[PDB]
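The following structure holds inobrodib.
We're sticking with the PDB entry numbering for chain A, so the shown stretch reads 1085-1196, in order. Whatever order the structure lists ligands and atoms in, that order sets their numbers, starting from 1. All heavy atoms count here, side chains included; hydrogens, waters and symmetry mates do not.
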Amino acid sequence: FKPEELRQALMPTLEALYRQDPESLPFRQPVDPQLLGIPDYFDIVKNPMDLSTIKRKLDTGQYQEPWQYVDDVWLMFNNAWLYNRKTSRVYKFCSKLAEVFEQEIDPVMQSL
Ligand SMILES: CO[C@H]1CC[C@H](n2c([C@@H]3CCCC(=O)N3c3ccc(F)c(F)c3)nc3cc(-c4c(C)noc4C)ccc32)CC1
């Protein structure tokens, strides 16, 4: 896969996530535990991930294969479901994005 081919193919799946508003808002920048006053965040989440990081990796051609992109998107979701309680808005927004991602990534992976 050329990185331009991955970027062209996968960027619309990422755009679909950013289009979810307000559901994407907590995911658009890395969690900042100082600002949010949650010093245990990095005790629980050892490999942080967010949309800005994924976007940067796509933009710069850091993914060799599409599964690596998919793995990072799932890492972001898994981190949020891990840290946050299921009653929280952030966990529910995570679930909403995951549903959108599933629906958009499926045909794309098949094309590829
Ligand atoms: C610049 O705007 C942002 C919106 C999300 C704000 N925020 C908020 C704020 C705190 C105030 C209460 C509140 O409702 N927030 C909030 C704000 C907007 C949302 F869309 C949302 F779901 C939640 N909580 C966040 C939680 C997380 C989070 C993620 C993702 N994974 O683990 C943790 C913890 C990330 C961001 C959170 C921080 C400022």
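The location of inobrodib, copies and all, is ligand 1. Here the macromolecule with the greatest number of atom pairs within 4.5 Å of inobrodib is listed in the PDB entry as CREB-binding protein.
The entry gives the source of chain A as Homo sapiens.
For atom 35 (C) of inobrodib, the closest non-hydrogen atom of the protein is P1110 O, 3.6 Å. The nearest protein atom to atom 32 (O) of inobrodib, hydrogens excluded, is given as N1168 ND2, 3.0 Å; this is a heavy-atom distance. Among the atoms of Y1167, none of the N or O lies under 3.5 angstrom from an N or O of inobrodib. Lab note: contacts of chain A with inobrodib map mostly to UniProt domain Bromo. Ranking protein heavy atoms by distance to atom 10 (C) of inobrodib, first place goes to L1120 CD2, 4.5 Å. When only interatomic distances are considered, the shortest N/O to N/O separation between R1173 and inobrodib falls below 3.5 Å. In this structure, atom 19 (C) of inobrodib has protein heavy atoms in its sub-4.0 angstrom surroundings. For atom 2 (O) of inobrodib, the nearest protein heavy atom (residue, atom name, distance) is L1109 O, 4.8 Å. Only the side chain of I1122 comes within 4.0 Å of inobrodib, counting heavy atoms alone; its backbone N, CA, C and O stay farther away.
Residue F1177 has at least one heavy-atom neighbour below 4.0 Å for each of these atoms of inobrodib: 20 (F), 22 (F).
Residues contacting inobrodib within 4.0 Å (heavy-atom distance) are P1106, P1110, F1111, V1115, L1120, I1122, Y1125, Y1167, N1168, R1173, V1174, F1177.
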Measure from every N or O atom of inobrodib to the protein's N or O atoms and keep only the pairs below 3.5 Å, writing each with atom names and distance to 0.1 Å.
| residue | atom | partner | partner atom | Å |
| --- | --- | --- | --- | --- |
| inobrodib | 14 (O) | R1173 | NH2 | 2.9 |
| inobrodib | 31 (N) | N1168 | ND2 | 3.3 |
| inobrodib | 32 (O) | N1168 | ND2 | 3.0 |

